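Featured here: a structure holding salicylic acid.
Chains are lettered A, B, ... in the order of the sequence lines. Numbers in chain A track the PDB entry; the residues on display, in order, are 13-581, 618-723. Chain B uses the PDB entry numbers throughout; the residues present, in order, are 13-581, 618-723. In each ligand, atom 1 is the first atom listed, and ligand 1 is the first ligand listed. Per deposition record, electron microscopy, 3.8 Å.
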Protein chains: 2
Amino acid sequence: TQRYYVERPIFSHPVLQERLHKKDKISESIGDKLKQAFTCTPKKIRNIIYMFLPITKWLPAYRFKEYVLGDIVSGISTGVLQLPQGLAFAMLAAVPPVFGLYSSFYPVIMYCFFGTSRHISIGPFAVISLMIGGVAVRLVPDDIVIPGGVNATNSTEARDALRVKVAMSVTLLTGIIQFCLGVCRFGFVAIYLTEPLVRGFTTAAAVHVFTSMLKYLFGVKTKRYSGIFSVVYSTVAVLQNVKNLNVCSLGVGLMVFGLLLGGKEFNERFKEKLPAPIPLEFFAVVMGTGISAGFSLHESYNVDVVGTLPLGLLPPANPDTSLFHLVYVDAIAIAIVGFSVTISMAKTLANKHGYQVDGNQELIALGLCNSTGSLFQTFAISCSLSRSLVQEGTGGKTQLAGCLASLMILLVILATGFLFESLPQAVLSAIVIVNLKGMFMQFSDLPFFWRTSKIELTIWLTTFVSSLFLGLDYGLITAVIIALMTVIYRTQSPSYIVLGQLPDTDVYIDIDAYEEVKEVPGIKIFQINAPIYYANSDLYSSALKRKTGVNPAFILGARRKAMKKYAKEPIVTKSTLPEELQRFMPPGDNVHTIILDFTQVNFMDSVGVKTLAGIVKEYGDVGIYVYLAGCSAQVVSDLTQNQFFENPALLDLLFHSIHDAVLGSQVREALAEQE
Amino acid sequence: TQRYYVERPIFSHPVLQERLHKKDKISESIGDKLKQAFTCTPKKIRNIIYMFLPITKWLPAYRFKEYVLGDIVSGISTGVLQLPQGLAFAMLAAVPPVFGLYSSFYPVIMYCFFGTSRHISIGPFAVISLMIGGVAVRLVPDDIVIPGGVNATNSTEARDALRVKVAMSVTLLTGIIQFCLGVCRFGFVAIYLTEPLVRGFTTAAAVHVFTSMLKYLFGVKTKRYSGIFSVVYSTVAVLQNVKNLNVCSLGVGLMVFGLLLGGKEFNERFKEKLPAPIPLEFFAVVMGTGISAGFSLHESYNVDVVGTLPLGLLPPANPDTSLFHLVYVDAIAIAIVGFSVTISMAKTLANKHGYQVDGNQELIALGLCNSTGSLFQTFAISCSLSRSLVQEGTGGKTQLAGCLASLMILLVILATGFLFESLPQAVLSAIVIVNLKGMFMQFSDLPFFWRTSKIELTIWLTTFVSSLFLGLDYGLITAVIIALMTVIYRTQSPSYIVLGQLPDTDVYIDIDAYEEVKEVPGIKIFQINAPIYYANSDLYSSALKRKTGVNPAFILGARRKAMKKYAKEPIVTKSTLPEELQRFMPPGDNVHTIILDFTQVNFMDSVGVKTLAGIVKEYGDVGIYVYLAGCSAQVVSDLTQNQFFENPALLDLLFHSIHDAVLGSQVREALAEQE
Ligand SMILES: O=C(O)c1ccccc1O
Ligand SMILES: O=C(O)c1ccccc1O
């Protein structure tokens, strides 16, 4: 009881207004501040070039102790991881794996020259490949064959060319759309991707990938399904055809699957901190191809194989621009999904070590990479989560690991040629399924969100459900919209409390919470921690009339009944209630004024102003004063703009704090009946 | 300087926590409070019957001085207004006007028995009629004729029966949907219809009605258009065919139009306060039919006529229930639009005089009326704004005016028969166009909303644009969604301010606003009036780092540069910055602590907790204390649920008010370097 001495006069609001003054701080040349730009300043031009060419700024910094070794090992690991699942992703899109090698090689080099994040991997990804394959299958069916060809029993060449052309058109459209969005400053919209939303979306994507690749794991041909309820159709189709499966492919697939799982757990347990982690996937693919070649499994048991792999490089070609009037919506979906995934991964990795990534620059770089890849026979690309985690978890410090991976894939595509020819698809399926474990383990957020807050749990569950059973684009859009309406719900159900004063102090807290706070006699205090706008205006009035226990309509009805039963034989804002006042007053409270807390109110609109005016008018008509405490500048401005401060007396109702309102009410009551 | 004496010790938060105690107030039998319901209490049963049968409660109150006269005149006016525009609305739906008379008669009686609002009119409405006509035309075209009929040159009878059957099926589906929504407590969702949204929607509807009825006014046959860009197609079609028009219909239409306009303005100016307003529309229709009969305009000039009107009553019939698998979406649209319009009108009229209307009860009553009307050959109904305003503006005090209108329309449909036979459609078009003036005048809200607040103006303009050029249902849904996203935008761009202390007091206000507030030496205060959640977490941190002028990264870089240049030859939360401290300190501020205002923050989530933890960690690493002032119970609970209060020292950072934080910082600084 030694500090916090105030001794200050009552500050209603006109008193504080006349106590203060005003400043101007008026800016000049409004709307023309940018007319001084585009000058010959060397610093500004240097900054612009640095912004649009990230490769220039992050390059002189080049140490040799551990940077080179870490970058080299990260490049080795990311290349040996990108090769087999790159082939698998190409194979998932009804396109030969050579285009997967092209997607692994071409755009990585360009993203090295254009890229803000320094720990992100670039490749074919999974969801993008699935959508490309679905579009190619739908637009070019497997039954329509032009008879003016080879006139053989079976021909699967013109169909492949048509699918490639469709994929190229879609990729070019996606790249153009991404570039246009990046230039137009549309990269700002990535803050709406909440963490549970991303977690649920990625878990649903992992489930989709697992279900899709199960059929290749078994080795049974099944027609491709795409659209609403795609996963359930695919799983019922594969379960219906479990019989007549291939035993050899299943056996080798489970063998490599178990080998990968055991090796990963052993490496996690083994003291490989000082050494470099071994390439499990590279060893797996080498062993698989060696066994298949040594046992001649293509004809001994009729197992599926990767097929012939042309050896060389192919000159650039101009893609068709006449199919755009059928593949415009799906291109938008691909661009949106890819941008969201890559920006989420980049932002998650950036906050970890030291820096922050730009949003629009990544979009522009991705669009440039997509367009130029489409120019060089390459389908759409995005950020792959597993490769990014591997690169970060190995020692990568820049995008030079991507360059090393590009050199590795160039060596593969110009040197081996025939080495990766006898490779069963079962090992690829096992590799992808094993890699899916990291995203499968993300189910642990259910109990944590159940314990912490049910809102995040609801967002997670809604995203997972809408992205699993329904489509992927529709799921993402609906999840974002629901992640937005969650805020409206949260502000539509606030916590109404009645305040009480701590003894001989100025602290007002919840009345039914601490057992030693008492109501000020004749005064009731109400608090709402939410803005008062159109969606929340009647609920506030109802809660005020109910929780405090003072209902003006009931008082008016009771008084009218009392008057009826007794008889047996330029602006005024406040009016007293005439009453005979002998014995008809009901036994209850004797509240004379109500104080409203407005410190927690952020904004108000016309509906809120109207409802406050109605509340004030009704309570003045009954005979109870109403005061507002703690109104901020924004709320005062909103009240002034609407026709509220006509000032018969309404300008004197405002107060700076709850204690000021209480003291003003007490002194006003003391001035009456005692003077 | 006489009042407001406090003299209270510093209340950080642990001090206040140990100063207080706790209560329980634990409820019992959670989730079983409703198991005591459905009892034999006479009061509860009486209240339930009153709730589900409004007609019982509001009936004994029956005075005779002015109630009877006002109700009678209101009924007269509403009936004479409902007849001609009822015929016009039936005619707009490609249905004979007899069904319009049925829609005027049948459901009004039932809404009298089921209805909360006591000043609302019931009838066919305009938008509903347009949608019914569009559906009937689309599903049953005007070119498909079954050859197995009369085999005449022209037959327009089976097509009419098909259109009637389609309308009946749609009406039955709408009634069923409305009843199901009303029972399921879905009537709560009407608070999202903001006033500018309703104004813009009604203005767009009025424009649609005017454009649609212009072609009937001219007298030129044109094919009906429905869908996206319907209004522009209709207007270009009617303007393309302005030639070969009918002069007689145009002449009579402008004659009656001018008569109505002049009569309405005269009545507004004339002292008809004591007398009863004359039925302008009834006189207009009487004069029109008299002139048409006396001049034989059907064959003298080939003008369009209402046609033959069968005289009698028709027995109930069971409608087809096999077309529901084509007319389910449009039924939903009709139900939603009708409910929204009627609830908006009822809520606007209810707040005026004395009472409030229920939401679910109106929905249930409307659904019952729609279904039973569909049983008795009646298309969909809703609330008509013009009739409601006329009934309110005449002296109506209950729904008995609807009963009088029902008796009037029964008299018309069983008595006249041949009287309203020679009636040109031009007079109906003029009557509807004249009635549209009230909704056309609603354009005056543009300057008011431009002056008051641009948010309401944006909502108004977006609703008008999306409901005029685009469809009506799509416009309404998109307008509701955009009105919802407005709140997200508003909370995404708050006002960041830096506070300053008034001399020798405890009032802290905007520093650059009043010219006599000074910064506390060595202390900076930041305030944000918005919740800190996922969509607004990085902007808050950036504003805090920029506006205050203390950037931790810049300080770290400068100190590292100084150290580099000088050399020429179980948990700890706060660490001091080691420095040689001779001449390398930059000339600037000397802030030692930062106080964050949290009175205006309503809620927080995981992202906000993470960003506050990051801010605190960074500023502690640099060497600046961070305090939080005014945190509420909800914010404290949100911080506790997430892993924030691990309590190395973080539990002592909280403070009850800004002045408490300032005093604590000052005493903490005084305790050092002086003791
Ligand atoms: O890399 C994959 O196979 C993958 C697929 C879907 C979701 C997350 C992923 O890492
Ligand atoms: O009654 C009408 O004709 C009308 C039509 C559209 C909008 C508002 C209206 O009052």
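Of the chains in this structure, the chief binding partner of salicylic acid (ligand 2) is, as UniProt puts it, Prestin. Other chains near salicylic acid (ligand 2) (heavy atoms under 4.0 Å), by letter: B.
Of the transmembrane segments UniProt lists for chain B, numbered from the N terminus, those with a heavy atom closer than 4.0 Å to salicylic acid (ligand 2) carry the numbers 1, 3, 5, 10, 12.
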